[PDB]
> 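Let me begin by handing over the structure; questions about it come next.
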Amino acid sequence: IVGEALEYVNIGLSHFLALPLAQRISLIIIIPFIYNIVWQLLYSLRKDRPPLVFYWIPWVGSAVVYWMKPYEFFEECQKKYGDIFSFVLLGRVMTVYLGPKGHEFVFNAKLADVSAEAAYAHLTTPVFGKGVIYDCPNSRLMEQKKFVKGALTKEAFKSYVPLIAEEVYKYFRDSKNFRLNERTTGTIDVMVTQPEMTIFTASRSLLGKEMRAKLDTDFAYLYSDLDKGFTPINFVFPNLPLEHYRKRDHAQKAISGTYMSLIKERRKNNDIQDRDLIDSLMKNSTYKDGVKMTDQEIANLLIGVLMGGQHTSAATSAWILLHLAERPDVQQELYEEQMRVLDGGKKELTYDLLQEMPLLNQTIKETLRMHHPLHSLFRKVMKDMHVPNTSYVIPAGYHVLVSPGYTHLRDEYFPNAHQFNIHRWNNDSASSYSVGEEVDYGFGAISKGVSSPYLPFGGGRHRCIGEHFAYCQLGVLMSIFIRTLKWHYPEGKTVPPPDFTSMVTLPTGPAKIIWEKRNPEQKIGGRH
Ligand SMILES: CC[C@@H](C)n1ncn(-c2ccc(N3CCN(c4ccc(OC[C@H]5CO[C@](Cn6cncn6)(c6ccc(Cl)cc6Cl)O5)cc4)CC3)cc2)c1=O
Ligand code: HEM
């Protein structure tokens, strides 16, 4: 008889339900804990799964170390397991593929195999609004990218350069961080100045003078609120009934409302020209199946483009200033190139003259090598994927993670990779360039291979379309900083370590530098 054992099964179950509440809470904790450990052990036997990083707390996984020190985590895993490994992250399984083959695996993955919008829509849809970027099918995103790129032409950059320059000068004139007409030296926190200079310059050029004027008002606080809603927390908790989440949603409505008002106002007056991204999207935002973007979708798209451009660029110019603050030799070299190309400062800066400043562009290029603003990009796996030349299968429901910024910092691809050296890019100062064959996913021909160890703008269908804008903006900005100021660290201070916990990787604050006018007597005109 085994029937009597099946009775004690039922009996055991009943005694289980009658345990003292202290013992039940205890078990409510210890049972998932034990089961988690046993599951990992069994998992480690499968030869069709990449090794999985061991973790103690269920669901949470390796969340804490990935959040604080993602590259140190990757290096340690790479040492133990090689280039492919998985780890658990707040309920998700992330399969990391390091190095250029990882780039190809993920960036050039078939559209059916992986989804960016499934990975990202929570990080962005609550902030930007509905119907755009990741809150739409991939083919809509492809065309949105085509639309936005339409305002990012050489001719647009030629007209943006003096607008960006004017904002930089105005910021030197009026901001309390500078006041160059009143002060000849001062101390700044670059994580205060660079986000402000970035939003002022990006607004003026992409959004136009009206939207720029708005930032001189209490309206600016809405950008602050919307900005605070752009946080890694959204990855897990995109909506919680806290005040944080409420100021964000309000801001999105208020800011999209303001863009819609401008859009409808311009159409009303037949005042649609070729000034900015707004004019461009009004004139050119009809999908190929004949559907037009709504005014709300246009406004939402504007928010997304400005927000993304805001954080990558601000972080980058902050890093440029910080690396140059201990490199007066590089400031000196950059200054000589400015003197040569602009004829001792007699020539006004133009987009065409920016292209003749290779060391300036190499400085941007080198900063983006050492400080990729996005340490990890990922996709949700939609169909089981076989890893070439292995036995691994990444099942649907997993996420794949790629990290070009990690490869940027490997000695094998960049000798002395932790040394800042703009000259590693001599005669190679282009922001990026296709090393051969090209393809077009709907927003223009881009490189077909994504095997370059240097990939600051990613690749494949989700590739950045902002790189020439970012270089234009960063170039104007740094050209003027260099011609106007010298700067250095307070005694004993040096380049800060990256903070990886925000949406882009920023310098750990407070990152202060001391500036000095190259020409103490130089005045900036205009009224204030
Ligand atoms: C346990 C709780 C707590 C301790 N914890 N523990 C771990 N974590 C955690 C770890 C990591 C992360 N991640 C989430 C993902 N993230 C990130 C990934 C991709 C990314 O952007 C890629 C896409 C989407 O956004 C943009 C960014 N961009 C690109 N160019 C310019 N910006 C983007 C593309 C297009 C447009 Cl229009 C806008 C935007 Cl924003 O590209 C941004 C951040 C890094 C941090 C979040 C939380 C926690 O919160
Ligand atoms: C230094 C500056 C920047 C860097 C390093 C950068 C980096 C990137 C990267 C790595 C991606 C690919 C993301 C992925 O594959 O998951 C991307 C995508 C994108 N970026 Fe940028 N970016 C920068 C600036 C900008 C700017 C200024 C804009 C807008 C003006 C912009 C708009 C976009 C857009 C529209 C995409 C496409 C998103 C998609 O197709 O899924 N970026 N960027």
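The residue numbers of chain A are those assigned by the PDB entry, with the residues present covering 7-534 sequentially. Method reported for this entry: X-ray crystallography, 2.2 Å. When a ligand or atom number is given, it counts from 1 through the structure's own listing order. Any value given below was found using the heavy atoms of this structure, including those in side chains, with hydrogens, waters and symmetry copies removed.
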> So what's the drug over at ligand 1?
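PDB records call it itraconazole.
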> By the naming in the PDB entry, what macromolecule does itraconazole (ligand 1) touch most in this deposit?
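The chain with the most contacts is Lanosterol 14-alpha demethylase.
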> Which option, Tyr140, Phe384, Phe463, owns the non-hydrogen atom nearest atom 15 (C) of itraconazole (ligand 1)?
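The nearest heavy atom belongs to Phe384.
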> Which atoms of itraconazole (ligand 1) are found less than 4.0 Å from any heavy atom of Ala69?
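Near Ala69, meaning under 4.0 Å from one of its heavy atoms, itraconazole (ligand 1) has 6 (N), 7 (C).
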> I'd like to check which itraconazole (ligand 1) atoms, numbered from 1 as shown, lie under 4.0 Å from a non-hydrogen atom of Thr318.
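So the answer, numbered in order with elements, is 31 (C), 32 (N).
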> Below a 4.0 angstrom heavy-atom separation, can you tell me which part of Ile139, side chain or backbone, both or neither, approaches itraconazole (ligand 1)?
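The answer is the side chain.
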> What does the PDB entry report as the organism for chain A?
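The entry gives Saccharomyces cerevisiae.
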> Under 4.0 Å from any heavy atom of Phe236, which atoms of itraconazole (ligand 1) are there?
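Atoms satisfying the 4.0 Å criterion: 40 (Cl).
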> Answer with side chain, backbone, both or neither: which part of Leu96 has a heavy atom less than 4.0 angstrom from an atom of itraconazole (ligand 1)?
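Under 4.0 Å from itraconazole (ligand 1), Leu96 contributes side-chain atoms alone.
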> What atoms of itraconazole (ligand 1) come within less than 4.0 Å of a heavy atom belonging to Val311?
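Counting atoms of itraconazole (ligand 1) from 1, those under 4.0 Å from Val311 are 37 (Cl).
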> Which residue and atom would you name as the covalent site for itraconazole (ligand 1), or is there none?
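No covalent bond is modeled.
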> Should you measure from each heavy atom of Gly310, which atoms of itraconazole (ligand 1) turn up under 4.0 Å away?
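Near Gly310, meaning under 4.0 Å from one of its heavy atoms, itraconazole (ligand 1) has 36 (C), 37 (Cl), 38 (C).
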> Please identify which atoms of itraconazole (ligand 1) are closer than 4.0 Å to at least one heavy atom of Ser382.
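Listed by number with element, the hits are 18 (C), 19 (C).
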> Identify, by atom number and element, the atoms of itraconazole (ligand 1) in contact range of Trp73, meaning under 4.0 Å from any of its heavy atoms.
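Counting from 1, the qualifying ligand atoms are 6 (N), 7 (C), 8 (N), 9 (C), 10 (C), 48 (C).
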> How is the binding site of itraconazole (ligand 1) composed, by chain and residue number, at heavy atoms under 4.0 Å?
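Heavy-atom contacts: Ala69, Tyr72, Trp73, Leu96, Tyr126, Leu129, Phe134, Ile139, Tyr140, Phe236, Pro238, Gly310, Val311, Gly314, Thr318, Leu380, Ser382, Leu383, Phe384, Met509.
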> Can you list every pair where an N/O of itraconazole (ligand 1) is under 3.5 Å from an N/O on the protein?
residue                 : atom   : partner : partner atom : Å
itraconazole (ligand 1) : 6 (N)  : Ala69   : O            : 3.4
itraconazole (ligand 1) : 32 (N) : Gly314  : O            : 3.3

